[PDB]
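For reference, the structure is listed below as structure tokens.
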Amino acid sequence: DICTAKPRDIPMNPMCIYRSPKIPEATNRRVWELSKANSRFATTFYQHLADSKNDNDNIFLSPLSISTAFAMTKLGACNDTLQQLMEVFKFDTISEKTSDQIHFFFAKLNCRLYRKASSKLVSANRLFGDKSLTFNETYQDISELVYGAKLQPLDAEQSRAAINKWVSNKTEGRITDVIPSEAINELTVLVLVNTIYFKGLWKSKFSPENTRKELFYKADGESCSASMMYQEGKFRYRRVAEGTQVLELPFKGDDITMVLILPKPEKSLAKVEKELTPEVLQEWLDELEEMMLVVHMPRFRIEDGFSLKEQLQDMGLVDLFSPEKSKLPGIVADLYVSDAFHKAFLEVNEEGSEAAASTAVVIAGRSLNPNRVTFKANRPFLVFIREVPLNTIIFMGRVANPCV
Amino acid sequence: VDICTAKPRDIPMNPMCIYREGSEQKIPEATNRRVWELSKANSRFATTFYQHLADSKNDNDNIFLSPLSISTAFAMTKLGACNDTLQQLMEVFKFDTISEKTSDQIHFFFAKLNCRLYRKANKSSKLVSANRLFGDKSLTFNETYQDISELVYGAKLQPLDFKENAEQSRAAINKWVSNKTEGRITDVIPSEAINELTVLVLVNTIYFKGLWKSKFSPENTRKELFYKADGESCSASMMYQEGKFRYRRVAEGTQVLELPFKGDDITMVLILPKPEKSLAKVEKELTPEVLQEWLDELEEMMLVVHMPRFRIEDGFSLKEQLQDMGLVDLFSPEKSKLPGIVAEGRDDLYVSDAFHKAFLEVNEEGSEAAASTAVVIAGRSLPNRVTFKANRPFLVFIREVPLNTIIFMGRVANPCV
Ligand SMILES: CO[C@H]1O[C@H](COS(=O)(=O)O)[C@@H](O[C@@H]2O[C@@H](C(=O)O)[C@@H](O[C@H]3O[C@H](COS(=O)(=O)O)[C@@H](O[C@@H]4O[C@H](C(=O)O)[C@@H](O[C@H]5O[C@H](COS(=O)(=O)O)[C@@H](O)[C@H](O)[C@H]5NS(=O)(=O)O)[C@H](O)[C@H]4O)[C@H](OS(=O)(=O)O)[C@H]3NS(=O)(=O)O)[C@H](O)[C@H]2OS(=O)(=O)O)[C@H](O)[C@H]1NS(=O)(=O)O
Ligand SMILES: CO[C@H]1O[C@H](COS(=O)(=O)O)[C@@H](O[C@@H]2O[C@@H](C(=O)O)[C@@H](O[C@H]3O[C@H](COS(=O)(=O)O)[C@@H](O[C@@H]4O[C@H](C(=O)O)[C@@H](O[C@H]5O[C@H](COS(=O)(=O)O)[C@@H](O)[C@H](O)[C@H]5NS(=O)(=O)O)[C@H](O)[C@H]4O)[C@H](OS(=O)(=O)O)[C@H]3NS(=O)(=O)O)[C@H](O)[C@H]2OS(=O)(=O)O)[C@H](O)[C@H]1NS(=O)(=O)O
Ligand SMILES: *[C@@H]1O[C@H](CO)[C@@H](O[C@@H]2O[C@H](CO)[C@@H](O[C@@H]3O[C@H](CO[C@H]4O[C@H](CO)[C@@H](O)[C@H](O)[C@@H]4O)[C@@H](O)[C@H](O[C@H]4O[C@H](CO)[C@@H](O)[C@H](O)[C@@H]4O)[C@@H]3O)[C@H](O)[C@H]2NC(C)=O)[C@H](O)[C@H]1NC(C)=O
Ligand SMILES: *[C@@H]1O[C@H](CO)[C@@H](O[C@@H]2O[C@H](CO)[C@@H](O)[C@H](O)[C@H]2NC(C)=O)[C@H](O)[C@H]1NC(C)=O
Ligand SMILES: *[C@@H]1O[C@H](CO)[C@@H](O[C@@H]2O[C@H](CO)[C@@H](O)[C@H](O)[C@H]2NC(C)=O)[C@H](O)[C@H]1NC(C)=O
Ligand SMILES: *[C@@H]1O[C@H](CO)[C@@H](O)[C@H](O)[C@H]1NC(C)=O
Ligand SMILES: *[C@@H]1O[C@H](CO)[C@@H](O)[C@H](O)[C@H]1NC(C)=O
């Protein structure tokens with residue numbers, strides 16, 4: 001059991017260790033620390049990601065999800081491979097204890113972010129290794145005990161089937177064909193596979209009988225047709241520094257919410273992206289205050305699938321992806337990382353996330369003031385899916401083009 | 001005798017003057033075909049009168065009344081109606097649009113009608129009525145006029161000294177309506193409307209109060225500002241609820257919701273028009289068929305509901321309006337003809353005027369409402385009341401399920417409570 005056990009009860013330290021030469025109610029000191037650390041990686045990682053993608057391309061990912069994945073291997077990692085892992089993911093800017101049993105506190109942080117009832121948050125993670133080699137039987141245990149499962153041996157394309165089809169089972173169709181038909185080969189050593197997507201309803205719904213057909217202005221200069229939803233009501237909003245508009249739409253339960261961030265018309269979304277930093281992010285989330293504004297927002301489905309390899313290495317995570325430089329004796333009873341794949345899906349509309357249903361919403365007596373605030377997202381804006389009251393960034397993406 | 005369990009061949013009511021494809025059947029279980037028919041033809045006056053009322057008000061003003069009550073009252077008056085005065089009565093109140101066996105006994109079935117609508121049931125949903133005739137302490141009224149009146153409407157003839165004390169007696173009437181309306185309806189008859197020439201006054205009352213089948217939780221109620229047309233703003237207590245309710249996104253993008261009271265025999269029907277479309281557009285499209293149509297269609301559903309916690313009142317002379325429709329002879333010291341009321345003591349009487357008043361209340365616990373109609377014979381002949389201009393209004397109905405009888409109907413424009 002992970003939700004409430006205790007480390008003292010299940011000795012689970014790594015083979016190698018590393019040494020780099022506003023407390024909320026009923027919250028574990030560590031789990032909090034570890035969490036703030038992830039939000040400092042998520043923003044940096046998002047920048048590099050953004051920077052490398054065209055300005056019309058949508059984005060979506062669960063940074064928390066990637067952090068966890070790599071946080072595993074940093075269990076059998078050693079030397080330069082361990083240093084780069086540690087330095088990159090910000091794992092080094094946290095206490096010694098939390099860092100040694102990092103993998104554990106992560107599981108602990110999950111049990112909670114998931115104990116968030118109501119709307120369900122499905123995920124599907126596993127490490128697939130080749131049968132040729134033999135793995136530590138304890139690595140496997142601390143894995144099945146903390147990372148949901150054990151590195152599943154494999155081999156060689158009925159493998160792509162095994163994988164993609166393994167995710168099929170868990171994501172029940174939602175996530176499929178995870179890896180392409182050109183990832184495995186005469187060099188298919190070790191591969192990471194992590195996928196996720198969120199399922200939830202809006203605390204305060206939108207009404208289908210109010211969805212017009214507005215125009216959306218894309219990054220190049222053109223414009224296109226989008227399904228613009230509409231709604232009148234109370235919301236946590238705030239005109240932050242330089243105009244940038246921040247708006248928070250919560251899901252039922254009030255412990256998970258979607259923060260939207262729309263820049264002015266003159267300032268490109270790209271400019272806003274180059275300023276994200278934990279401090280500036282929370283701060284915006286502090287100036288929020290309730291009001292009665294209108295809300296316009298296009299529907300959209302977003303399915304991002306990519307290799308973290310090129311992006312991480314471009315960040316300094318090079319040894320892990322090197323046959324002659326790697327160092328993961330912590331799983332073998334050497335070996336190296338071939339490629340790691342991530343996948344997130346996110347669909348939105350009148351009802352919420354992934355939530356498919358037809359409801360009605362009648363409001364009699366409401367008459368807002370002509371001098372009202374309106375949030376018309378007819379242009380590129382960022383999106384967050386944070387958890388409360390922890391402020392954990394679960395998904396963070398960008399909607400550059402909802403049309404099509 | 002017992003009207004409620006008697007037939008037209010057991011207590012044949014004799015007045016003084018008698019008169020005279022496409023009637024598409026959608027009648028339910030335990031329902032008499034002519035009772036339904038009357039109600040429908042009642043509802044027909046209900047919608048045609050509303051349009052004339054509204055059409056004479058600023059579109060941001062409230063409107064509330066009991067069309068049922070206004071019909072009962074005049075039906076009670078028809079007893080003594082007799083020639084042209086009688087034809088315009090039967091026509092204006094949409095009585096000439098039904099079968100001969102009904103268009104020749106409107107009282108009997110009306111009685112039956114009241115029997116159904118008023119039979120003491122579901123203690124968690126009160127709905128009563130009271131009728132009363134008010135006559136001059138010095139006159140021999142027609143003996144059979146008094147009888148039919150107490151039989152079919154259960155309306156006794158209480159004598160008051162009009163000739164000398166018109167106000168003392170005015171307060172006696174308004175005080176009566178008051179008791180029958182749990183105190184909600186006061187001073188139905190304005191002032192100086194009753195003078196020393198006044199012969200008879202016919203009054204009718206209706207009262208209601210019922211809990212919501214599915215309450216609202218005061219815990220989730222919040223206050224929000226409301227902006228009127230003049231630019232002024234006031235506070236509102238918006239209620240919220242999530243659950244199973246009969247709904248239907250009728251044409252034009254016009255919603256139509258129903259909220260039932262404990263006993264499922266009576267319910268409220270809210271009608272909100274498209275966020276940015278006319279509401280007058282609908283008011284002029286309103287007809288019994290349209291209501292039935294929309295209501296039969298309503299399919300259950302899971303929806304969220306945001307409606308206020310308000311109160312509203314209307315008071316006004318039916319005169320100007322009923323004449324617009326054709327009720328002329330009755331209001332004329334010369335053409336009027338009501339010879340069945342007085343035996344001796346007073347030369348032909350006319351209707352100086354008629355008044356109505358209504359009250360409606362709503363909240364998490366449920367709803368209450370009341371209404372009265374008063375017809376004064378030979379009194380002072382004269383008018384204007386509260387004229388508050390609001391903003392963004394929606395319609396409201398309170399009906400009796402078994403056969404769609406409109407007990408109350410109107411337009412809420414100022415939820416500001
Ligand atoms: C350089 O020294 C470094 O290492 C030494 C030794 O490390 S070793 O253990 O690997 O050998 C470290 O010393 C050791 O660490 C101690 C410590 O963590 O402070 C201590 O850990 C054990 O005892 C802790 C205190 O227990 S308590 O009884 O005093 O509370 C305990 O910490 C508490 O855990 C609970 C918990 O897990 O629930 C926390 O509860 C809080 O959050 C809950 C919800 O959690 S959730 O994740 O948000 O969902 C809420 O339900 C709860 O209400 C809330 N409590 S509240 O008061 O805020 O409301 C509680 O906050 C914590 O204080 C440790 O649990 S643990 O999960 O954090 O590990 C527990 N771990 S255990 O050892 O397995 O039992 C060790 O006893 C201690 O060993 S020692 O020999 O005594 O020194 C040293 O700290 C470390 N320094 S450092 O690395 O630089 O930081
Ligand atoms: C020119 O033709 C026209 O005039 C002639 C003559 O009219 S006259 O009477 O003025 O002279 C009309 O012919 C006469 O009318 C007949 C008729 O009503 O159709 C018929 O009426 C008598 O018999 C009817 C049928 O009885 S039954 O045995 O078949 O049931 C009867 O109608 C029934 O009344 C009951 C009732 O009141 O209980 C109804 O019950 C139904 O509803 C009840 C609840 O009612 S409520 O008010 O909504 O609460 C439920 O409790 C009950 O369960 C339910 N019945 S159920 O089966 O669905 O469950 C029942 O539905 C009716 O059918 C007459 O009662 S009455 O109140 O309607 O008057 C009864 N009246 S009686 O004359 O006193 O006996 C006459 O027999 C007939 O005369 S005749 O010479 O025999 O033909 C002619 O119809 C008319 N044509 S029209 O003007 O164009 O329409
Ligand atoms: C609308 O409805 C109300 C009631 O529903 C009517 O008002 C009632 O009027 C009657 C008669 O006027 C009242 O009855 C009187 O009760 C007296 C004692 O009751 C009071 O005593 C204490 C006060 O602390 C309380 O326990 C109790 O609730 C009452 O407050 C009797 O003493 C009276 O009897 C005699 O009085 C003198 C005798 O000297 C005579 O003039 C009388 O004829 C009689 O012999 C009397 O019975 C009744 O209390 C009133 N209702 C209430 C409870 O307030 C309205 O009249 C009606 N509207 C109309 C006019 O239609
Ligand atoms: C995915 O694999 C799991 C194996 O754990 C299957 O789950 C079982 O499904 C059957 C019905 O086919 C149930 O009776 C069992 O309760 C499930 N759990 C177990 C432990 O057997 C599942 O069927 C596979 N495929 C999908 C898409 O569900
Ligand atoms: C009171 O009204 C009745 C009529 O409703 C008059 O009495 C008779 O009523 C029958 C039944 O309608 C009629 O056919 C007769 O024409 C009426 N007159 C008579 C006696 O045959 C009665 O006249 C009225 N009272 C007064 C004094 O006018
Ligand atoms: C890497 O660092 C470890 C110390 O953790 C050291 O023992 C080892 O020799 C170094 N080189 C390799 C490739 O392991
Ligand atoms: C009024 O109607 C009766 C029949 O009801 C008729 O005999 C009488 O002549 C009529 N009088 C008038 C006003 O012409």
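A note on names: the letters A, B, ... follow the listed sequences, proteins ahead of strands, and every chain is numbered from 1. All values below come from the heavy atoms of this structure, side chains included, with hydrogens, waters and symmetry mates left out. Start at 1 and go down the list; that is how both ligands and their atoms are numbered. How was it done? The header gives X-ray crystallography, 3.0 Å.
- Among the options nystatin, fondaparinux, posaconazole, avilamycin, the match for ligand 2 is fondaparinux.
- Going by contact count, the macromolecule most engaged with fondaparinux (ligand 2) is what the PDB entry calls Antithrombin-III.
- Lab note: other chains with heavy atoms under 4.0 Å from fondaparinux (ligand 2) -> B.
- Heavy-atom contacts of fondaparinux (ligand 2) within 4.0 Å involve B:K7, B:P8, B:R9, B:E29, B:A30, B:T31, B:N32, B:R34, B:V35, B:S99, B:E100, B:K101, B:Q105, B:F108, B:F109, B:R116.
- According to the PDB entry, the source organism of chain B is Homo sapiens.
- The search for other ligands and ions under 4.0 Å from fondaparinux (ligand 2) returns nothing.
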